[PDB]
*Asks:* 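Attaching a single structure in structure tokens format; questions to follow.
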Amino acid sequence: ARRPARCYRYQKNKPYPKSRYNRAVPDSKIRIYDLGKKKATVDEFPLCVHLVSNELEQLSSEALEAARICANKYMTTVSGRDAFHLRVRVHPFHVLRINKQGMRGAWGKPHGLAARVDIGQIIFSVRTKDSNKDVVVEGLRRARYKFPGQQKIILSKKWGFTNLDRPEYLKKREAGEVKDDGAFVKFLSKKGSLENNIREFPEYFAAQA
Amino acid sequence: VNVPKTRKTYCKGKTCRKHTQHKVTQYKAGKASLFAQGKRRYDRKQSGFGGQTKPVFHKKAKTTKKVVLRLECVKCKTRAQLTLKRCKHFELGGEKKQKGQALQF
Amino acid sequence: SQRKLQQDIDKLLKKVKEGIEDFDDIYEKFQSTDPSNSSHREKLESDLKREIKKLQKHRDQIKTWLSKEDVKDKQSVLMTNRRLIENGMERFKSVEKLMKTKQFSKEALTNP
Amino acid sequence: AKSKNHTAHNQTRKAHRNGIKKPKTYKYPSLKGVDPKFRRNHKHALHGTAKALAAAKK
Amino acid sequence: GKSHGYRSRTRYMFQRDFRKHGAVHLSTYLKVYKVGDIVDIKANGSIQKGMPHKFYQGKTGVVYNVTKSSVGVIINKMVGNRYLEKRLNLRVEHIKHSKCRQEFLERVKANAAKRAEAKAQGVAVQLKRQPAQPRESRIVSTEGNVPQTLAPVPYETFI
RNA sequence: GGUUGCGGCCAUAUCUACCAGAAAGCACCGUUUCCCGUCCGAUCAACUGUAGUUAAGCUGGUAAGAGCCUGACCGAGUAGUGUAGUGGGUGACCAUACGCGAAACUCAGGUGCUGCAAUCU
RNA sequence: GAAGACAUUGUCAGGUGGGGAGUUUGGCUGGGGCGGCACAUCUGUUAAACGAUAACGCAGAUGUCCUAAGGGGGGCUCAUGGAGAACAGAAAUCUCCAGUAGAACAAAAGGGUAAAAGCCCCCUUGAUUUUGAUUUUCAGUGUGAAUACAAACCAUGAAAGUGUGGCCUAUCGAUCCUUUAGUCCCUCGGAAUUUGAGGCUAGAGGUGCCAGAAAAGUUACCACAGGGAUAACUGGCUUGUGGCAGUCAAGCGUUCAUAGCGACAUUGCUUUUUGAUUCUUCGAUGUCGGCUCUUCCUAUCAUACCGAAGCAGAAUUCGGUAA
RNA sequence: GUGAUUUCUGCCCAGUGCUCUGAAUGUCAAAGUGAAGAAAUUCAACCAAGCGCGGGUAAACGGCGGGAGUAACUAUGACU
RNA sequence: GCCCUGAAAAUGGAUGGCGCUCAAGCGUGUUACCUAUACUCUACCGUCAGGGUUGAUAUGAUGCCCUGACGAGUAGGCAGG
RNA sequence: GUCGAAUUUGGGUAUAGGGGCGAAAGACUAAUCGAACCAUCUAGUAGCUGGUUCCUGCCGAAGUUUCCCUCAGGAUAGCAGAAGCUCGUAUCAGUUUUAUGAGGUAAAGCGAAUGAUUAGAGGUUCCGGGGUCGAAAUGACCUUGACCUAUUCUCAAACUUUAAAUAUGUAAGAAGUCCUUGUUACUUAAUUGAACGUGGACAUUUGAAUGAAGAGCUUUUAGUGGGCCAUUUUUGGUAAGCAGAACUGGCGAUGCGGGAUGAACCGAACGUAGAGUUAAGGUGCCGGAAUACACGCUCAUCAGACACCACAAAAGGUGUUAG
RNA sequence: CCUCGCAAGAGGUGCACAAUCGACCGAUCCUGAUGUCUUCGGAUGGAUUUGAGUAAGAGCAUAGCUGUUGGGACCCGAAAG
RNA sequence: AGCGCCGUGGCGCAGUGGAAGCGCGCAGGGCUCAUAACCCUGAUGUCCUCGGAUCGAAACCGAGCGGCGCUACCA
Ligand SMILES: C[NH+](C)c1cc(NC(=O)CNC(C)(C)C)c(O)c2c1C[C@H]1C[C@H]3[C@H]([NH+](C)C)C(O)=C(C(N)=O)C(=O)[C@@]3(O)C(O)=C1C2=O
Ligand SMILES: C[NH+](C)c1cc(NC(=O)CNC(C)(C)C)c(O)c2c1C[C@H]1C[C@H]3[C@H]([NH+](C)C)C(O)=C(C(N)=O)C(=O)[C@@]3(O)C(O)=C1C2=O
Ligand SMILES: C[NH+](C)c1cc(NC(=O)CNC(C)(C)C)c(O)c2c1C[C@H]1C[C@H]3[C@H]([NH+](C)C)C(O)=C(C(N)=O)C(=O)[C@@]3(O)C(O)=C1C2=O
Ligand SMILES: C[NH+](C)c1cc(NC(=O)CNC(C)(C)C)c(O)c2c1C[C@H]1C[C@H]3[C@H]([NH+](C)C)C(O)=C(C(N)=O)C(=O)[C@@]3(O)C(O)=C1C2=O
Ligand SMILES: [Mg+2]
Ligand SMILES: [Mg+2]
Ligand SMILES: [Mg+2]
Ligand SMILES: [Mg+2]
Ligand SMILES: [Mg+2]
Ligand SMILES: [Mg+2]
Ligand SMILES: [Mg+2]
Ligand SMILES: [Mg+2]
Ligand SMILES: [Mg+2]
Ligand SMILES: [Mg+2]
Ligand SMILES: [Mg+2]
Ligand SMILES: [Mg+2]
Ligand SMILES: [Mg+2]
Ligand SMILES: [Mg+2]
Ligand SMILES: [Mg+2]
Ligand SMILES: [Mg+2]
Ligand SMILES: [Mg+2]
Ligand SMILES: [Mg+2]
Ligand SMILES: [Mg+2]
Ligand SMILES: [Mg+2]
Ligand SMILES: [Mg+2]
Ligand SMILES: [Mg+2]
Ligand SMILES: [Mg+2]
Ligand SMILES: [Mg+2]
Ligand SMILES: [Mg+2]
Ligand SMILES: [Mg+2]
Ligand SMILES: [Mg+2]
Ligand SMILES: [Mg+2]
Ligand SMILES: [Mg+2]
Ligand SMILES: [Mg+2]
Ligand SMILES: [Mg+2]
Ligand SMILES: [Mg+2]
Ligand SMILES: [Mg+2]
Ligand SMILES: [Mg+2]
Ligand SMILES: [Mg+2]
Ligand SMILES: [Mg+2]
Ligand SMILES: [Mg+2]
Ligand SMILES: [Mg+2]
Ligand SMILES: [Mg+2]
Ligand SMILES: [Mg+2]
Ligand SMILES: [Mg+2]
Ligand SMILES: [Mg+2]
Ligand SMILES: [Mg+2]
Ligand SMILES: [Mg+2]
Ligand SMILES: [Mg+2]
Ligand SMILES: [Mg+2]
Ligand SMILES: [Mg+2]
Ligand SMILES: [Mg+2]
Ligand SMILES: [Mg+2]
Ligand SMILES: [Mg+2]
Ligand SMILES: [Mg+2]
Ligand SMILES: [Mg+2]
Ligand SMILES: [Mg+2]
Ligand SMILES: [Mg+2]
Ligand SMILES: [Mg+2]
Ligand SMILES: [Mg+2]
Ligand SMILES: [Mg+2]
Ligand SMILES: [Mg+2]
Ligand SMILES: [Mg+2]
Ligand SMILES: [Mg+2]
Ligand SMILES: [Mg+2]
Ligand SMILES: [Mg+2]
Ligand SMILES: [Mg+2]
Ligand SMILES: [Zn+2]
């Protein structure tokens, strides 16, 4: 057993997901996808760090869980559990097949589950404070070893996971059109109703600081 | 399938070329008489030495026969044939199905 | 082969018919037991139970035949022997229940 | 002894070596499949206009 | 195992358009087709009687026969090394006119007009269409428009 | 221009919440002998236009409304793609040349038009 | 002497009769066999946005069922959710509101359908007759299925209209033979009448290997024509599997990731494993093991020289140049 | 058929054969008999043997169980 | 970017070989040169097409002459020898 | 091994081919035996193997469709040749444009429907399971599950609002347009329309571009009906010089120059010669042609050296160079 | 081909042939006149029907290439019966 | 690996669309000095699990779990 990712590496087949035509597939081994202080705010975590791909390939659900475990262990041993929020941004939806006389009836049974990653696609995202840039970089360097192919750390200059580069987001915050939700934020748009906009963003519609 | 004993269809008779009452029965094949030319030819060919000389059918595949109704128009006493499809069960003038009675299990 | 299949058909057909004959003979001797011979009643129960169990095995074979085996001609006679076996089954069930029922059991005290 | 099942190779080359040229339309296409009602009238009207043209020509 | 039915591989072909289900309208019921006209065949899935085959979907032909509720359309189809003429009996829901044909009629009316005044005053008929001819010499004004200089941008990653 | 009858395109026409509606017209409305239909004159049928009411329907307007529609040099000439190379790269794939070219997104605007006839302060 | 119109014999008829005779013992196929039907068909996908398109490709279905589940007309709106009403509760019946279909339409699947194509009610038999034309499969042959008319006769509706079976896409069958219906027509040939028979027009009885032979095995006693179109050796491509080697480092090692190891992953090499394939060879390449003998490779067991150790010595372990 | 001597050759006739009976109140050819017909012919009844029914036969061909629980340690299972 | 470690197979061995190190290697650019049965021009052979020429003397009108284009070839077809 | 017998043997005699004879091996029956030998039927049949005899010229394929007890074969259509025939009189394009259609792939989307799926937030329980305050209460507090609302992360060959590029249908007129009035048994309430017409009008271009090498038509017949490779799209498989499709081009059927070598790659297709110029590829020598020029990089104690193509990766290196 | 015209072109006639609408003959399905052995005759007029037909004949015979079939069938070749 | 069968009370087994039983065990009473045997009674089930068709099943149709049996041949 345990055929290599070198023979399940490239994207050769069409996406073959779990559906009503394909049942009795084994479960993925990755079950948790967000990690660290996942209830924190983008207020608390300004800097984003992205592990991105350079190859059009397939990532095993095993490679995802192993990279997540090693990265997690490194950041908790160094910087503690609450200093980061790590989210894996690929979900294994590909049922890989195994054949297991001759080539007659060669259509194979389900064997796995894979994340088809494109060039320039986020694999790992870590949001953290400005002082933990080093430790999140070396944790994602450990992640780059359990993951096949070539990957890059890009210092994402978006405030947290969201959008909206840091001066733009600072301007939005000091304008007051940003409301703190659970692990995310809500934005004021100039297209909704006046009454519900009033009752959901009082600070923009007041003379507050 | 259920078919009524009576039916108003077209009549080919010259005295009435319109729709008229027909009584419905089922076509049953004839007696297969001994003096048909094919039967006489078969008897002469099978007589003698040489065994069976014509093929006899063995690889039966279908279970159903198409039903064909002999309609007799009741004024000019004339007959016609109407073919209905492969049905396992066939009744002439059975009880009508009823819309909405209590089922009786 | 279809010839071998139809041979096994005809064999089980004949076995079912002779089983039905001797089951009916045991049934009529049961109904004419003279029920003071309760031991003879119980003996005839056990004998027709054995015969109806043999008919159970034959009927299950008929089930498998009509389900998967491509009988291809004789579904009529297979179904008729199935129906004969099942009416024998219900006769055995009625007789068997009749002597099972205890005279002061709660079912007989509820409804005669 | 398996062999090749189906292929459309070389077929367009054969067809265009002896091309698809035209269905060769004519004036007065065939009246096959046109309505018998008003086909009978077309017969009668052509008879009438031929008779009228001959009578006017004398 | 393998199927070639009358409506095989016609799923999205005979689907209705989004928010265009229901009854088909009285414009396409009240349009009139006369013998010899040019029509486009696009099947309507709601009317199952008189549907064309999937081959004739989106196909332009000449109507040659008109009857109670349908019209007969002549279509040339390529089989083998020759075109064959096919006579389809199609309902007016599946039959639609040809805007190219109507534009040819407005063009021939315009051409007959243009030759009429061209003959009336006696010069410059010039009826036939000409393709897009090369552009001619022009003068552009720098007054109010000084050419602003452009440079290629550096490589900045946005993610 | 409002309204009614018949419509064409079938949301710019729909949906939600309020507000207004002179005149006329629709509408709600009043009644069960007759034709007729229902468990029920509620629907339907018939009769009256009388006893009344714009409360609803309907029409119109409002809403940083939802939806829908139109446009943008907004995204984006991006994704994708036809053709070409003894181009690059171990490969996966990626640039370049001649061409075509989106969708989502964002922003701005709009919220039925119209035909035949009749009628109306 | 016995037997006697019985045996015997002759001709027909029924039975028995592998003792013998003659013949047959499907096809596709990652070799054949076993398995399966991809053999006649239907749906979605493969299929690369006209059409066509393969594999023992994927997910399924067919050999039926229906006098209504066909045809016409009228009325109504479904699944579900919420709020209520004695017994009555999660679910019995009744009422209202919301409800673009989230229901139903015989079945597989895909389309289609809302004053309907659904549900209920009324009336019916057009699921009728005569042959033609057209579409799909396609050779533009047949079969099957379908479309639009024409000439009748009808059904329904106030009518416009609709109706030549099932809302649409599957649900099926030549010659010869038999049989039925019609014409009661033609012929039985020296001339008639009546039975009988043969014809003509339209059906049915069936070939599922579904363009349609009447059909069991075995050969280790075998034969012939051939085949590398096709297997069992080697060789060749590939390396799943086998074997070998890296990288990462959670941990083990008292303490300490890396003395020695090393999980979870991940990258390779090899052709000494077994497969996969079928390119060469079936007018033959002698086919297992052993003996015998030579050479080569290194991925080093020993020996030479070294480095490291949780190497005090001894013993041992890891590694290097080295065949 | 088995294969000197010695010692033995168990159970099964349901199946396949073989063999007995004889009218089962079955099937049953030709010839013959009766009826209808104008006749060819058709329909009846009768209908031998054999199949069928009913016995016997295995030194004829041949065949000759499965699952549970159970004894003062465990195991096993005389036993159920 | 290049180079190096990773990087181990069995006859002796192959950037084709010799050899090459500010290359005769790699990346790029500029010219010059070499060379095909390809292209241009000419001649000749054949085929095809279009055409001219019964006038007297001398011969063949299926003949003579002009113009242009073309020429690969298995299975196979036809033609002239 | 046996050697006094179930012994060995001579001669005579008997048994003959579906027969004999067999202490049984399918043994033997004149070197022949799982059915002898001889002659004839017989030149038996073969969809199978091999061979098939002079030259030159011109043209020049197919390995595909459908059916077949069809899969080593035929028929049929297709490709090809020959004979031509009717005209050279406005015809057609493996092409583009303009105009108008059609499509549901690539992409995209999921705070759009279906299905999958990550994470919190706010709520709702006359109505989930726990505990606490509780006698309980249409009581209260907290915990955990669901249901709703607004968000978030990622997806779909058999999901989709949207939606390309490339391919694809039609039209671009004389068989056309306009005016007037003739026919009809069709149609209309109706000289109303429909179809076909008569007689006039219309042109400079007769209604986009480009090219035509003649255009159209018929008959008959050969061979073929094993294919294979390359780019791109693509299915099964770990992959394959694997199996199976789509479009195009090639090999087969084809030499020549280059890739040292090679059926397919690059260039270019071929009468016999001469001259010139080039393609692809090259110019140290083999080897024709610059040990040319210019800017750099690399020193390898296994350098590297040119597409198909005859391989190398992850991970590293104060080696060096530039950022 | 004819007429006009210098020609361009205008008209007339137009064989073969091609397309189409008709007419006639046979079959099928109708309609059913004068009439009459009162059961025979089938006039006339039709029909999305059908024929391998008519519509101022083209065939017959011979020879040749090619092709088909049957014969040993291009030549050689079985195991068999 | 394929094919086929089986799965129901504590154990061994039946069971067809109107729907759960047999025998032995188990429980209560009786008889007996007592225990068996015998007599009179009673109770006993996620019908292997999950989903679907049906107005409804354990049964019909599908997915898995578990246990058996047959085949795996020519070299
Ligand atoms: C008088 N009976 C007893 C008889 C006797 C003899 N033979 C003798 O006389 C000699 N036998 C003795 C000495 C008495 C033992 C007989 O020989 C006969 C018969 C009877 C017939 C019966 C026939 C009859 N048929 C006409 C239907 C019948 O019932 C059967 C039958 N199916 O059983 C017959 O076979 C029958 O035809 C027949 O064969 C008889 C005799 O031969
Ligand atoms: C015992 N014998 C007397 C006999 C009696 C009867 N009759 C009866 O049993 C009648 N009794 C009843 C009531 C039916 C039970 C019989 O019926 C018979 C027979 C015996 C045979 C005679 C046979 C005989 N054969 C052997 C030559 C004969 O003459 C004929 C014949 N040529 O007709 C037979 O066929 C015979 O075999 C025969 O049928 C007999 C009986 O059946
Ligand atoms: C210009 N000429 C050479 C010509 C050419 C063509 N066709 C072409 O264009 C050539 N076709 C190619 C492009 C080569 C395929 C042509 O098609 C024609 C004609 C000529 C005309 C002459 C017509 C004329 N009238 C009626 C205008 C005439 O005098 C007669 C007559 N009365 O007999 C004709 O014959 C005429 O009608 C005619 O036939 C011509 C053409 O068809
Ligand atoms: C498009 N041009 C090339 C053309 C085409 C066709 N033919 C067709 O299109 C045929 N139609 C089909 C496609 C068959 C349905 C044509 O038939 C014609 C013509 C051209 C005209 C020219 C006319 C012109 N007149 C008006 C003065 C002219 O110059 C002469 C002349 N005097 O020589 C003509 O020949 C002319 O009158 C004419 O006859 C033409 C055509 O017939
Ligand atoms: Mg005989
Ligand atoms: Mg083939
Ligand atoms: Mg196939
Ligand atoms: Mg569409
Ligand atoms: Mg229909
Ligand atoms: Mg035999
Ligand atoms: Mg085979
Ligand atoms: Mg397509
Ligand atoms: Mg219906
Ligand atoms: Mg309705
Ligand atoms: Mg057909
Ligand atoms: Mg009709
Ligand atoms: Mg007959
Ligand atoms: Mg038939
Ligand atoms: Mg067939
Ligand atoms: Mg044999
Ligand atoms: Mg053998
Ligand atoms: Mg063998
Ligand atoms: Mg032997
Ligand atoms: Mg081979
Ligand atoms: Mg092998
Ligand atoms: Mg390996
Ligand atoms: Mg391995
Ligand atoms: Mg091989
Ligand atoms: Mg060999
Ligand atoms: Mg040899
Ligand atoms: Mg040899
Ligand atoms: Mg070494
Ligand atoms: Mg014995
Ligand atoms: Mg026995
Ligand atoms: Mg016996
Ligand atoms: Mg008899
Ligand atoms: Mg007897
Ligand atoms: Mg290296
Ligand atoms: Mg060199
Ligand atoms: Mg250089
Ligand atoms: Mg010439
Ligand atoms: Mg002697
Ligand atoms: Mg011998
Ligand atoms: Mg056949
Ligand atoms: Mg061969
Ligand atoms: Mg002309
Ligand atoms: Mg177009
Ligand atoms: Mg599609
Ligand atoms: Mg996509
Ligand atoms: Mg989109
Ligand atoms: Mg979604
Ligand atoms: Mg002209
Ligand atoms: Mg041919
Ligand atoms: Mg052929
Ligand atoms: Mg060849
Ligand atoms: Mg070449
Ligand atoms: Mg190229
Ligand atoms: Mg030269
Ligand atoms: Mg030189
Ligand atoms: Mg590297
Ligand atoms: Mg470096
Ligand atoms: Mg010969
Ligand atoms: Mg011959
Ligand atoms: Mg011979
Ligand atoms: Mg023979
Ligand atoms: Mg007790
Ligand atoms: Mg006791
Ligand atoms: Zn009648």
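Below, chains carry the letters A, B, ... as their sequence lines are ordered, and counting in each starts from 1. Not the full deposit; the contacts listed refer only to the portion displayed. Counting starts at 1 for both ligands and their atoms, in listed order.
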*Asks:* Mind checking which of tigecycline, gedatolisib, clorobiocin, lapatinib, merestinib ended up at ligand 4?
*Replies:* tigecycline
*Asks:* For tigecycline (ligand 4), which chain gives the most heavy-atom pairs within 4.5 Å, and what name does the PDB entry use for it?
*Replies:*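 It is most in contact with 23S rRNA.
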*Asks:* I'm curious which other chains are hanging around tigecycline (ligand 4) with a heavy atom under 4.0 Å away - can you tell me?
*Replies:* J, K
*Asks:* Name the organism the PDB gives as the source of RNA chain J.
*Replies:* Saccharomyces cerevisiae
*Asks:* Give the other ligands and ions closer than 4.0 Å to tigecycline (ligand 4), with numbers and names.
*Replies:* ligand 3 (tigecycline), ligand 52 (magnesium ion)
*Asks:* For tigecycline (ligand 4), which residues make up the site at a heavy-atom cut-off of 4.0 Å?
*Replies:*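 At that heavy-atom cut-off, the site is J:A90, J:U91, J:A174, J:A175, J:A203, J:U204, J:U206, J:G207, K:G9.
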